Amino acid sequence: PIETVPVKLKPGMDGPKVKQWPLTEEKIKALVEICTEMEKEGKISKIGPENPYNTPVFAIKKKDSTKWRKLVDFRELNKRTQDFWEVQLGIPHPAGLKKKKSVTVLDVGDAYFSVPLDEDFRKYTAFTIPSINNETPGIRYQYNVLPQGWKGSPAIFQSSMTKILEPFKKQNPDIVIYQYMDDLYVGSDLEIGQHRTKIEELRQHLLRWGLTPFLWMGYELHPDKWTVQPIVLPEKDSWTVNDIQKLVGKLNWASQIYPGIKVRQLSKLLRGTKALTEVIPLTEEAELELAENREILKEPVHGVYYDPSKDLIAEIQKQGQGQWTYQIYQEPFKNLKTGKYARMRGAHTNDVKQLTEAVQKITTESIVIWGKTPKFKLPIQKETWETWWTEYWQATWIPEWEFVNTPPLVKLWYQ
Amino acid sequence: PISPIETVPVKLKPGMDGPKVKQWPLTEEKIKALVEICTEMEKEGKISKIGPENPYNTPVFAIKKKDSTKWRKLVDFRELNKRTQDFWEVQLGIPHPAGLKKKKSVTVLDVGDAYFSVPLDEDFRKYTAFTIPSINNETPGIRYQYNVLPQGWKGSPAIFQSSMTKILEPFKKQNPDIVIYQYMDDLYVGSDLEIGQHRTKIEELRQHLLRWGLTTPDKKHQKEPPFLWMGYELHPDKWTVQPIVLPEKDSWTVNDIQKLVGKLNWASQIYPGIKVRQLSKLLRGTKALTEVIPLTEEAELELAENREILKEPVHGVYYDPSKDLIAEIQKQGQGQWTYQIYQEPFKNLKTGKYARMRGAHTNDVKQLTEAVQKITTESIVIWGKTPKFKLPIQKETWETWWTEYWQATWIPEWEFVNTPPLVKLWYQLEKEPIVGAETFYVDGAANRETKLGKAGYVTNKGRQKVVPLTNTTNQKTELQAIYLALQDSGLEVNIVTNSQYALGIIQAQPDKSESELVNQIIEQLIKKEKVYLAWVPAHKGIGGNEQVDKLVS
DNA sequence: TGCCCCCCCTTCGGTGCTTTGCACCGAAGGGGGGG
Ligand SMILES: Nc1nc(=O)n([C@@H]2CS[C@H](COP(=O)(O)OP(=O)(O)OP(=O)(O)O)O2)cc1F
Ligand SMILES: OC[C@H]1O[C@@](CO)(O[C@H]2O[C@H](CO)[C@@H](O)[C@H](O)[C@H]2O)[C@@H](O)[C@@H]1O
Ligand SMILES: [Ca+2]
Ligand SMILES: [N+]
């Protein structure tokens, strides 16, 4: 006897019509078992071809987890679904979450299955389960309850969510709790033992409502230890023509970010037509120019701030040897954060797994810092990414992405 | 008494009305054979006659069955299809015999009058109206509306196909020991049961279908191999495609070559080594479908090589899940690649080919990677897993490529097979400037209006060159400047350009290009022993860059 | 002079940085195949 919250699509927008991609035998078997159990429990019901919508579905295993977990790629539906901030159901984002010494991420999406979904909106959740060798045509379903991975699920469930958290929040006023998609982010400045203890309390606190993929898992973050990667100029005692050419190139590029950078005095050193390996000494004027440029790169960029109404963009460069650099911004050359990753899973053997890890890491940081996930510019060929990325995806959400091919003419973020 | 097959709700697109297309003139031979078929549907109840209150109509025609003495009724619902809602097709792919496991007993059925045994939506039948001339338009004639799925309506395939699955669902769940491959009305059913039990379950299935109004005539009931299915022939231990007819015409039109290349592709799924590069190359061009094309010396040999492959009958084997999948790739030249998939040596599950040329400039390694990606996805579709790869590329070559390339790339678990021609990188760019090698500052520029330009260089030893160029572009002159420096330098050279364009191309170590010039640059790069390319910004007063920029500008 | 699905090869127009030329990619029309 729970009334359904009516949901609309953005005016002038149809529903998602995204084709189902092929699934490995292990993923189909998992889905067929998961859907058989969801159909018995009424969480999903079969449909036919008269429903013109469709969203891709597959399955993942979270880190250090041996059990499958259904994942629907609701990216297309989420972009077409009415923004609930206009409905005032938006979840505010706490600026103090990134400052906590520890942050645990709990998968609470399971609770969304208790809330029914608006009848008129269920047709938009249609998905199709394929079969190996196309033995059986696609078997289509749709959701009757709040589906995991849909941006409307946490929004509608928030009214129920806040009540469940009421007693724990009042007993622990210094703990930060943020809800994003199927995940709950819980941060504290406590000691790890006390922190993990409080997290266990919140779990059992949830089962108190549970009796009235699973919840037992949690992942630890430490945002207070997150660092950035600035643009750096090498320190040499002797410079070759080539070195100064690279430096002038890099500085000339960097001037789009720091408008005070000059290269006039350094360029004049390349006045002749010299061999690239010729060592040339720095003039008195060029010595001060370099030092002053280093000074400029030390201070922050002027007029760079986070605008809550603009999308986040993330660019990633493969630097080689397991090193990966990234920048996050809303306006070009106004980076809100720059970073570097190294020695991730896959390092020195698998580019795609490493990049998959990088995208997950950057998204997780964006959620903690701004409550948004960025749109990624990926340094990979579309076909290469689409063939493998699902083998390494371990998150319950999926960010937007596009594919780029930018030869590194200037090693700008990594020497 | 049959079980009524629940109707599928169907609607027209909002604000759109039924079709009104009338009928085009029909030959008497066709007008006659039609009325006989319409009356049969009236008897069986497939069509109702009352149509005076119906303002709609859709043209009708007919064509024969594939090598059959029976005409086929078709309705041109193209107009109704536009005004009909959109459906989500449930047919996601085509089964392949290499994905089948061996079975002790097998059967193949066909449902008689598939579309006409499924009840159409009550409210939608009015728009399926159609008129047939009684006698050459002498009298008004018999109008009809469909009571079942008609042919020509875009919703017929998906609706019948979805209904076919809802009918089979209870039989499969109550009989897990059986496998049923459903493709439209075609039906494959196999089990390892004793033949007697198999015939029993088969008849139980025939009865189940007849219980929902679906007949399985004995004329289409295949009981003995070789079973004809999906265009193949299924034997107990091996499978094969149905014979391929290659046109041997001595005068080739554009459409002839199209049909030829089409059958060669279809044959490539089991016949290994098929090539279509030179034959398809004859098709490139805005020629009419009827224009005659003379086969090139290369195209004639390529056709001859393919003929030799098709002379011998080839068969594939079936899938054993207990064994790993092997995929082996060989380079065929000119961006062509064939492969074989197998579990035991020399017993192929299937074969295939990759010859896609994507990108203006590429190399064999990128293409081998693309071939691997094709085979991987194909393997997941047919078996749901990735095969282990045997590739004609050394671990060292691949390591050098993927670790240095600026794009993320990867290949699943694989091993080297020494089967020339091997894939390799044809040149390597230095990471540091070369000591004692001449430094060429290259540059080029072209006039946007006259399309005239200049390319040239100046070196640290005083060597200089400027060459005039006609009908060119900025980008072309930049490549030309680099080309000149390569021609005029010794075996080791430092080259400084400001062309991001040229550097992006060259730094990816292409070995093939659609650009004659780039190919010439590649030929030079292969001859060098050390080559260091560096980029500098323009108009910054840099070394020879300011000097070379004035010369060619 | 129909409908639905898969595949390869060529062409063509839209898109975005290599920029006003060139590279990429998806749609479409040709062919093969299935019902
Ligand atoms: N060319 C075709 N156009 C079609 O619309 N169909 C459709 C989709 S599959 C369905 C089958 O028709 P029905 O069973 O009468 O036709 P059939 O020849 O496959 O079978 P049969 O004569 O009933 O045994 O017709 C098939 C064609 F080959
Ligand atoms: O890799 C992108 C690829 O995915 C598809 C289909 O799965 O679309 C999905 O990914 C897009 C890129 O982020 C999203 O914009 C879209 O919403 C999502 O369905 C393809 O459209 C695309 O080629
Ligand atoms: Ca039939
Ligand atoms: N120039």
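Every chain is numbered from 1, with letters handed out A, B, ... down the list of sequences. Recorded method is X-ray crystallography, 2.5 Å. These values consider heavy atoms only, across backbone and side chains, with no hydrogens, waters or symmetry-generated copies. Just so you know, ligand 1 is whichever comes first in the structure, and atom 1 is the first atom listed for that ligand.
Of all chains here, the one making more contacts with ligand 1 than any other appears in the PDB entry as Reverse transcriptase p66. The drug observed at ligand 1 carries the PDB name FTC-TP. Other chains within heavy-atom reach of FTC-TP (ligand 1), distance under 4.0 Å: B, C. Ranking protein heavy atoms by distance to atom 25 (O) of FTC-TP (ligand 1), first place goes to B/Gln151 NE2, 3.4 Å. Shortest contact from atom 22 (O) of FTC-TP (ligand 1) to any protein heavy atom: B/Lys65 NZ, 3.2 Å. The protein heavy atom nearest to atom 13 (P) of FTC-TP (ligand 1) is B/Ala114 N, 3.6 Å. Scanning all protein heavy atoms for the shortest distance to atom 14 (O) of FTC-TP (ligand 1) gives B/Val111 O, 3.1 Å. Annotation: B/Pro217 places no N or O atom under 3.5 Å from an N or O atom of FTC-TP (ligand 1); distance criterion only. Nearest-residue assignment for atom 6 (N) of FTC-TP (ligand 1) (options B/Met184, B/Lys220, B/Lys70, B/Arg72; heavy-atom criterion): B/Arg72. No part of B/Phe160 comes within 4.0 Å of FTC-TP (ligand 1), judged by heavy-atom distances.
The list of other ligands and ions under 4.0 Å from FTC-TP (ligand 1) reads ligand 3 (calcium ion).
The single protein non-hydrogen atom nearest to atom 20 (O) of FTC-TP (ligand 1) is B/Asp110 OD2, 3.6 Å, given as residue, atom name and distance. Scanning all protein heavy atoms for the shortest distance to atom 8 (C) of FTC-TP (ligand 1) gives B/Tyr115 OH, 2.9 Å.
The entry refers to DNA chain C by the name DNA/RNA (38-MER). Scanning B/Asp185, B/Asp113, B/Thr216 for the heavy atom closest to atom 23 (O) of FTC-TP (ligand 1) points to B/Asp113. Near FTC-TP (ligand 1), within 4.0 Å on a heavy-atom basis, the structure shows B/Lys65, B/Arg72, B/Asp110, B/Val111, B/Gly112, B/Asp113, B/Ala114, B/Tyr115, B/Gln151, B/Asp185, B/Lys220, C/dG2, C/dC3, C/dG35.
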Could you go through FTC-TP (ligand 1) and list every pair where one of its N or O atoms sits under 3.5 Å from a protein N or O, giving the atom names and the distance to one decimal?
unit_1: FTC-TP (ligand 1); atom_1: 14 (O); unit_2: B/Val111; atom_2: O; d: 3.1
unit_1: FTC-TP (ligand 1); atom_1: 14 (O); unit_2: B/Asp113; atom_2: N; d: 3.3
unit_1: FTC-TP (ligand 1); atom_1: 14 (O); unit_2: B/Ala114; atom_2: N; d: 3.4
unit_1: FTC-TP (ligand 1); atom_1: 14 (O); unit_2: B/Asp185; atom_2: OD2; d: 3.3
unit_1: FTC-TP (ligand 1); atom_1: 15 (O); unit_2: B/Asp113; atom_2: OD1; d: 3.4
unit_1: FTC-TP (ligand 1); atom_1: 16 (O); unit_2: B/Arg72; atom_2: NH2; d: 3.3
unit_1: FTC-TP (ligand 1); atom_1: 18 (O); unit_2: B/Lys65; atom_2: NZ; d: 3.4
unit_1: FTC-TP (ligand 1); atom_1: 18 (O); unit_2: B/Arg72; atom_2: NH2; d: 3.4
unit_1: FTC-TP (ligand 1); atom_1: 19 (O); unit_2: B/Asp185; atom_2: OD2; d: 3.4
unit_1: FTC-TP (ligand 1); atom_1: 22 (O); unit_2: B/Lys65; atom_2: NZ; d: 3.2
unit_1: FTC-TP (ligand 1); atom_1: 23 (O); unit_2: B/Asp113; atom_2: N; d: 2.7
unit_1: FTC-TP (ligand 1); atom_1: 25 (O); unit_2: B/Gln151; atom_2: NE2; d: 3.4

